[PDB]
Visitor: 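Sending over a structure as structure tokens; questions will come in a sec.
Throughout, protein chains are lettered first and strands after them, A, B, ... in sequence-line order, and every chain is numbered starting at 1. Contacts are counted only within the shown part of the entry, which is not the complete deposit. Just so it is clear, the values below take in all heavy atoms, side chains as well, and ignore hydrogens, waters and symmetry mates. Counting convention: from 1, in listed order, for ligands and their atoms alike. Looks like electron microscopy, 2.5 Å, at least that's what the header says.
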Amino acid sequence: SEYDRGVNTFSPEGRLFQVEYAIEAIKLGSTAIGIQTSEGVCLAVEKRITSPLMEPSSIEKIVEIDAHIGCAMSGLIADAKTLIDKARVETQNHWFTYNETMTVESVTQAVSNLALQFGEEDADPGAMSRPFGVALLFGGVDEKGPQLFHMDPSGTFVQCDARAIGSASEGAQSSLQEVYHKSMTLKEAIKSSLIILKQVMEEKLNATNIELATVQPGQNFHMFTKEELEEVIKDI
Amino acid sequence: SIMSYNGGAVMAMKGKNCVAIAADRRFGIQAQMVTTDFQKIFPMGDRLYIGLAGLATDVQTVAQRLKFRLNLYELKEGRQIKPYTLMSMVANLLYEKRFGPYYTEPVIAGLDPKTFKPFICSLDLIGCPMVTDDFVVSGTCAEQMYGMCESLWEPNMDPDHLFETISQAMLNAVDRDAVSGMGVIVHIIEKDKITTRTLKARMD
Amino acid sequence: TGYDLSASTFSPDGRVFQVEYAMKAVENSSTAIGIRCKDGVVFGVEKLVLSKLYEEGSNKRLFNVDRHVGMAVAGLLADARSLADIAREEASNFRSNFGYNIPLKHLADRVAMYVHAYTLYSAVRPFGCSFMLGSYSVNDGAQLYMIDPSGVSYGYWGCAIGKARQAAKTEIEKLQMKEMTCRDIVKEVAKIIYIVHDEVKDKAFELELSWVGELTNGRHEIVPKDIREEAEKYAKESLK
Amino acid sequence: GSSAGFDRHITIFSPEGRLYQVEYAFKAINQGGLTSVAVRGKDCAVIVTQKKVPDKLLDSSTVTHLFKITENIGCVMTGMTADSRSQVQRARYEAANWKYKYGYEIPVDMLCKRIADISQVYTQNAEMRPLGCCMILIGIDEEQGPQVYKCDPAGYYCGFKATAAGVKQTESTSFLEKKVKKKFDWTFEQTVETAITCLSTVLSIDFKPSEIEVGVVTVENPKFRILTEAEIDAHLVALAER
Amino acid sequence: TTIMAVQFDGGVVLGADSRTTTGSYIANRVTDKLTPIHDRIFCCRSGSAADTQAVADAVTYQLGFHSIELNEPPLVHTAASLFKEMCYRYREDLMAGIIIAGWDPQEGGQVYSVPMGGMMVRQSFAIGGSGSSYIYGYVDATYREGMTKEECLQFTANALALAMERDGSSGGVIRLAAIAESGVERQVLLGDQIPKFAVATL
Amino acid sequence: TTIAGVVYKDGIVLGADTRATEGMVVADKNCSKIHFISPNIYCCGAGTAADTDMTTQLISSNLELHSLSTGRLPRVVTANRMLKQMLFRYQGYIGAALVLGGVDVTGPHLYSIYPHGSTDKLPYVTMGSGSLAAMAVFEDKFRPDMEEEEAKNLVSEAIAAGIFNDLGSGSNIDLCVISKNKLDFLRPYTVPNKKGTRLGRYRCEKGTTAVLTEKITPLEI
Amino acid sequence: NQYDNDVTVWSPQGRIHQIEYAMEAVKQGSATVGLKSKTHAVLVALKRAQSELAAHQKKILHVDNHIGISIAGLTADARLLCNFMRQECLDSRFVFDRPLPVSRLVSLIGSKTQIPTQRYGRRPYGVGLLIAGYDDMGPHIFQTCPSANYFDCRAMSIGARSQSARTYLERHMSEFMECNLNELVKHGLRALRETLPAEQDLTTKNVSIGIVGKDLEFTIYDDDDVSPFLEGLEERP
Amino acid sequence: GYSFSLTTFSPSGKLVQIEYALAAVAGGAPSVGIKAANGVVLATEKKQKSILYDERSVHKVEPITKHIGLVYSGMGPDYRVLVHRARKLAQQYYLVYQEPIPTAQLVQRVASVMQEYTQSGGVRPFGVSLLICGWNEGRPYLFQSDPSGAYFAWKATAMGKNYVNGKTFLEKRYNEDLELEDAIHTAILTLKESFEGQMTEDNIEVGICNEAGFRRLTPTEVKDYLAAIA
Ligand SMILES: *C(=O)[C@]1([C@@H](O)[C@@H]2C=CCCC2)NC(=O)[C@@H]2CCO[C@@]21C
Ligand SMILES: *C(=O)[C@]1([C@@H](O)[C@@H]2C=CCCC2)NC(=O)[C@@H]2CCO[C@@]21C
């Protein structure tokens, strides 16, 4: 049966069942890769296009949180829209109150506070019934430099140097282990991430089935156009 | 006074097996006349009528809410409402707004739907019912109507004499009030017919 | 069959098994004792130390509910603390409304009703604690009441709660406590505590003592250290 | 005795139209092992209950099932002790509120009706259980005389000439039926004698003044009274010299 | 209105006038301003008739419930505290000056004053109302310690009569109550029972 | 308005006038100011007519509910408590001044209830604008334990004093006699005022009124 | 099992299985040690994350100028409790202009944590806490369990394989009261080293320190700041 | 409280809790109602278990207004709840319309109350059926309301134990030109058809509605009628 247990039930091993099941939902999504360098943050994701009749330009796996912060998402993409709206509202409220930009860590923390706010009773109307089935990669530039953060449905957020999320995370993570060093340039990071994404994708990597974005000091959030993408793809 | 903002006069009179209800026709904002065909007498049944005097917005509001309640009553009960029951319903509606009053005073005139006995009553600002065997008046020219009705009314009048009496009373009373007039309409309610007449009046 | 999963369910023979399981929770706890004499009340707790890393005064099982009222608990300590807060709030409200210190019988009745409210519904769980309330005043004298997880409150001359309650009661019945003084009662309480303790299963323990009477001017307090150590000496001598 | 669903776990109907949880609540009254008898007379009403103090460490004053609802209404509770205390508190509140709202003392029958109305809600709503207690009320009504009323966990309430509650209710009912059929308009002494004799006979115990509690109400003194040990001993020595 | 309470060894004596006024018209001329709150506890009400009646009824309800739950006779201080709580909480809405007098086994006979605003003070004698102003010097000159019940009754009657002579809002009959352990005794003084004081004539 | 009430040896006599005014004009000449509460309790009302009407109806319904529940005859103190608690709740914004008279198992009871929630239990009471004129008659001629006819004459005299000396009171005199054995609701009891005879016939003849439009609708029976 | 899914259900043995399952969450987490001298209080935390790129997760949090906490178990519950504690201390400063005593804060935490264990459809807080504080009564180390029970400790370790650390601490606890700051911190570091598998060692990356004392606000030493303390630490046996 | 329904639909399309409530109704004490030309008679059996029961305490025949009366079969506490609801509803109607409520209107409102408990959260249906008598517009009315919330208009009917046999008896003995005394005799005969023991004036309860109103018969009157029947 499905309703023997409540949503806030612990396992005999000490884990919330619903969170574990949502983390398993994370494994069914597309592969996103994030690399942090002293020159900025690179985010690359794969569009999982099922039909030739689908227009790939309506698949938004990378969004702009603010001019200095972008997000890459994996899993149940419809669930991610609430978190992203919260993040955008938080950054704009911070600008309104303090006349400055938010740090990436604060945005990640604000979004992570929503993650375990689910239940059935003793909760206000309009509360959530289940966890979120999304993993998020936040990339931005603040006074501490280029920052990359990872968030999973449990509410845990960490800071990472290089990170892969999605279905092919384990192999992609091993490859990132092999290729990451602290002195990488952003061009090298972009090339390395595209090499790994090509390795893990079940399709053939062309300029319409992937997304790439960068955040650099001084330059805003940039989504690569098709022409720049082809320029990078030529080397691979 | 907020009652005198739009003016208006309604009167009901009792006969022998008949009732009569008369009203003025002016709609105006204080001293300016806007229209001369404003409805102040509404049918609440085949032989039952209600006349409303006072603020025109409350007149229309009260008529529409009363029809709401009456229609629901007649659907649930499968009967036609008796005049006394309608009096109680109107009193309840008006007293629900005791501290935010509707600025209207109603008169009810009708015949009992089974025994065909005349009924007339009046209600004040908040719903104290007044049942009379002679006549009831309401509006800005109430004193004038009282004088005319006390002088002219006789018991056991046939429909024609009742029409003459109520017509004379209304005409001569509204001729002495500035914010009332511009025509008079009379309804004579009998067992077998309703007769509606418009009177030749002063339009100044 | 699932006749024992809710507090809003009777069994075919007329029992609420959830309250009985809460009582089982109380029976696993270490023993607390209360003895009443004409001039006061004395409370003694066997407090097991589960590690040497714990400070002296950790996991107190004796509380001050009002300046004249003291509380000795057994069972689940978190439930006991929440109940202590409920009792404190009851006493405060009584003083703010009626203007004097709450009588102990009234306080016990109010707290017992609050405890009973948790034995009726599926939405809440019964309390896993039992406790004793003790007080002294000139008008009312010395009072000792006990409350169990079902909500029953009774007045006692000597009471014991926890794992070794029966043996402790046997020992308490050997005292003519009505014509004793609070000083003698402290030594007898310590002696009984040392008798009922099982060194083989339970390793080590502290003795927690408190009292309320005319000796303390109707104020509930911890027994002074010298009296406590003298009583412990008497108890250890008696065990040979 | 069929079942379908959760009809033995919550207060819903069984295929035969029964409520099993109410019947189990009736079973709960017998847990406690006590018996009470109430008898009505010409000018008096008497309640006699069994008093058991297993511990000599118990303060005997606090072990009581006789309670005072108002100055003129008294009750004896049978069954689960905490539930009984809850119902006593509810009854006291209702009587006080009646006096505040209507300006005169509550009749006994109306108080029993209010308590039984409260009990009915527990048999219709599924999230709460019934209370495992029975309530017997005695009073004097200045138009009808002595009044003895009883309410049970099902929501039934009734007025009686004599009644019993507890473990030995059926035997006590038989004894009292025989006594009432041979009708003597009972004096105060005869009423107390009848109650004490019923309890003794059905329990097979010769009572000591400390083993019973007696509570009386009379037309001459309408206030609810609890008898001291000396008065009970007077009645017992009179019963023995018979 | 004129209300008074005096404490003697073993009890209290309360006294009041019997006039209700709506302006300059006497609506009730035999009113009872002494209210039994409990068996041995009474209140004298001053101010708004409706407000004082409502407060007295609420306190009677609360005190009866309290006494049933505790199985004890109530204390006079408890009744004064309930009055103080209600009068302080609704001080913006209520016009009520109360005197609470009574006997309890623990403290004996007690007199408490709850003026408008909701303060509570224990006094050996208390006076209140609009006529109380005219007898302040008389009670200060005549009060002595260790009076008996009969002397207290005479003293209260004299003061109330003096107040009723000079105040247009006080008059009628004098209502007296003596509260002790043995119970309550109530008296009415009317006509020639009311003490007379000679009027100056030229 | 003049309303009055006395206690006599066997019960209650209540009296009232029958005039209702809107300002200084007479609106109703046959108003009934004695309201039914229970078969043994009646009420005389003064003040705001709608407030009096609605308050008495509400309390009458509540008392009927109470009597159905208890199976006993209602008591006047219950009505008194209900009315004064309701009126105190509204802080004097319900303008009802009431005389409450009944006979219960404890005897004849008469109360005066004021719009702010104040109550007085008295052997004779008057309320209204003509209250002082009635109270003069009561203070001059009242004796305790009167017979029914003496009490009826006294209440009639007090209402008449209100009628002839107050501008807000007039018309007829209504009475209600309540004992344990009977109830007498006497409308009208005396008629002190009548309308003079008319001396002229104001030509009422057909065709005097000029008509512009006419519509006749036949109704089916 | 019908007794192990709800926090409102008692077992026939007199236990609540959900609370024990919640304590398992603390047992799974990374290990932390806490100890106090007569003047200072030290929290040593073993930071770790999933991978080497993933920076070691934050275990020591700042609550107030006189209070800090270490975490074991569910991090989101830990942040909920941290925010509650911060607000309570701020309210105390707003109303009374003084710091909140540490024992009263632990009492408030225990009150907060007990409520969910009595209500249907709620869960315990799957977090174990170690609180270091300084107030007018000296330095304090407190332990908080998911069962809503709290303890006042001389020293304490919680987390995975923390029994070995507790053994080490019991052996050496008589010294702690008379130590200076560096000696106390080194004692804590040795105890924390007792939990690592025999190959692993203590580096500047996986160790966080938190210190409070008579004249020092709560400080978190991470990275290069911990090099002064890791110096002069003998190799494991 | 529970926010979900305890009465749901079965695969065959039945609301089985309502059927089990009807089973509770069919086990209760017999009730009879007859509509005469000049009145209505409601009769019930109150056979107490013991002589210790005081017969004047609880009544199964109750007045709702001056002209409306009630009787029941099933579970008594639920009957008391419904009686309180009906009296309140009649008082609300009187407060609004200044008229005593018609019998059909009362039946419809009470049946709405009974329907609410077949669909609301956390409750069971009422285990009682009701017979309602009234006099409106110079005409007598008799109605039956069942646990589901459905109401029927009857000339004569029976409820409770052996109600099918009572129905056949009433079919054979009913007539349009019955006057109230004949109707009372017929109702007592219907009750006798299913009675154990001797019928006395204290183990049956009768109430009548005529132009004067609804009233409950005193034991003396019932003794007179029982002497006439025997
Ligand atoms: C007295 O203060 C007074 C009384 O009417 C009133 C009567 C009932 C008991 C409380 C006191 N209150 C008043 O408002 C008038 C004016 C002055 O004194 C009054 C007579
Ligand atoms: C009497 O007080 C009076 C009447 O309208 C009276 C009020 C209550 C019952 C119905 C009729 N109330 C008034 O406002 C006028 C002014 C003086 O007396 C009135 C006629």
Visitor: Looking at ligand 1, what drug do you see?
Guide: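 It's listed as salinosporamide A (bound form).
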Visitor: Write down the macromolecule with more contacts to salinosporamide A (bound form, ligand 1) than any other chain, named per the PDB entry.
Guide: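 By contact count, the main one is Proteasome subunit beta type-6.
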Visitor: Can you tell me which other chains reach within 4.0 Å of salinosporamide A (bound form, ligand 1)? Heavy atoms only, strictly under.
Guide: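 Heavy-atom neighbours of salinosporamide A (bound form, ligand 1): E.
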Visitor: So, at a heavy-atom cut-off of 4.0 Å, what does the binding site of salinosporamide A (bound form, ligand 1) look like in terms of residues?
Guide: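 With non-hydrogen atoms counted, the site is E:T1, E:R19, E:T20, E:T21, E:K33, E:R45, E:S46, E:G47, E:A49, E:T52, E:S169.
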Visitor: Which residue, and which atom on it, receives the covalent bond from salinosporamide A (bound form, ligand 1)?
Guide: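 Covalent, to E:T1 OG1.
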Visitor: Considering only heavy atoms, which residue marked active site by UniProt in chain E comes closest to salinosporamide A (bound form, ligand 1), and how close, to 1 Å?
Guide: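 UniProt active site, heavy atoms, to 1 Å: E:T1, 1 Å.
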Visitor: Return the residue, atom name and 0.1 Å-rounded distance of the protein heavy atom closest to atom 6 (C) of salinosporamide A (bound form, ligand 1).
Guide: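 The answer is E:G47 O, 3.6 Å.
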Visitor: Can you name the atoms of salinosporamide A (bound form, ligand 1), numbered from 1 with element, that are less than 4.0 Å from a heavy atom of E:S46?
Guide: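 Within the 4.0 Å cut-off of E:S46, salinosporamide A (bound form, ligand 1) contributes 2 (O).
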Visitor: Distance to 0.1 Å, residue and atom name: give those for the protein heavy atom nearest to atom 19 (C) of salinosporamide A (bound form, ligand 1).
Guide: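 Of every protein heavy atom, E:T1 OG1, 3.2 Å lies nearest to atom 19 (C) of salinosporamide A (bound form, ligand 1).
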Visitor: Checking a contact table here: which protein heavy atom is nearest atom 17 (C) of salinosporamide A (bound form, ligand 1), and how many Å away?
Guide: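 Result for atom 17 (C) of salinosporamide A (bound form, ligand 1): E:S169 CB, 3.6 Å.
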Visitor: To check your reading of the model: name the closest protein heavy atom to atom 8 (C) of salinosporamide A (bound form, ligand 1), its residue, and the distance in Å.
Guide: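 In this structure, atom 8 (C) of salinosporamide A (bound form, ligand 1) has E:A49 CB, 3.8 Å as its nearest protein heavy atom.
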Visitor: Quick one: nearest non-hydrogen protein atom to atom 10 (C) of salinosporamide A (bound form, ligand 1), plus distance?
Guide: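 The closest heavy atom on the protein side is E:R45 O, 3.5 Å.
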Visitor: Counting each atom of salinosporamide A (bound form, ligand 1) from 1 as listed, which ones have a heavy atom of E:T21 under 4.0 Å away?
Guide: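 Once the distances to E:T21 are compared, the set is 5 (O), 15 (C), 16 (C), 19 (C), 20 (C).
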Visitor: Look up the source organism of chain E in the entry.
Guide: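 It's listed in the entry as Homo sapiens.
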Visitor: Which protein N or O atoms sit under 3.5 Å from any N or O of salinosporamide A (bound form, ligand 1)? Give atom names and distances.
Guide:
residue                                  : atom   : partner : partner atom : Å
salinosporamide A (bound form, ligand 1) : 2 (O)  : E:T1    : OG1          : 2.3
salinosporamide A (bound form, ligand 1) : 2 (O)  : E:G47   : N            : 3.4
salinosporamide A (bound form, ligand 1) : 12 (N) : E:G47   : O            : 2.8
salinosporamide A (bound form, ligand 1) : 18 (O) : E:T1    : N            : 3.3
salinosporamide A (bound form, ligand 1) : 18 (O) : E:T1    : OG1          : 3.2

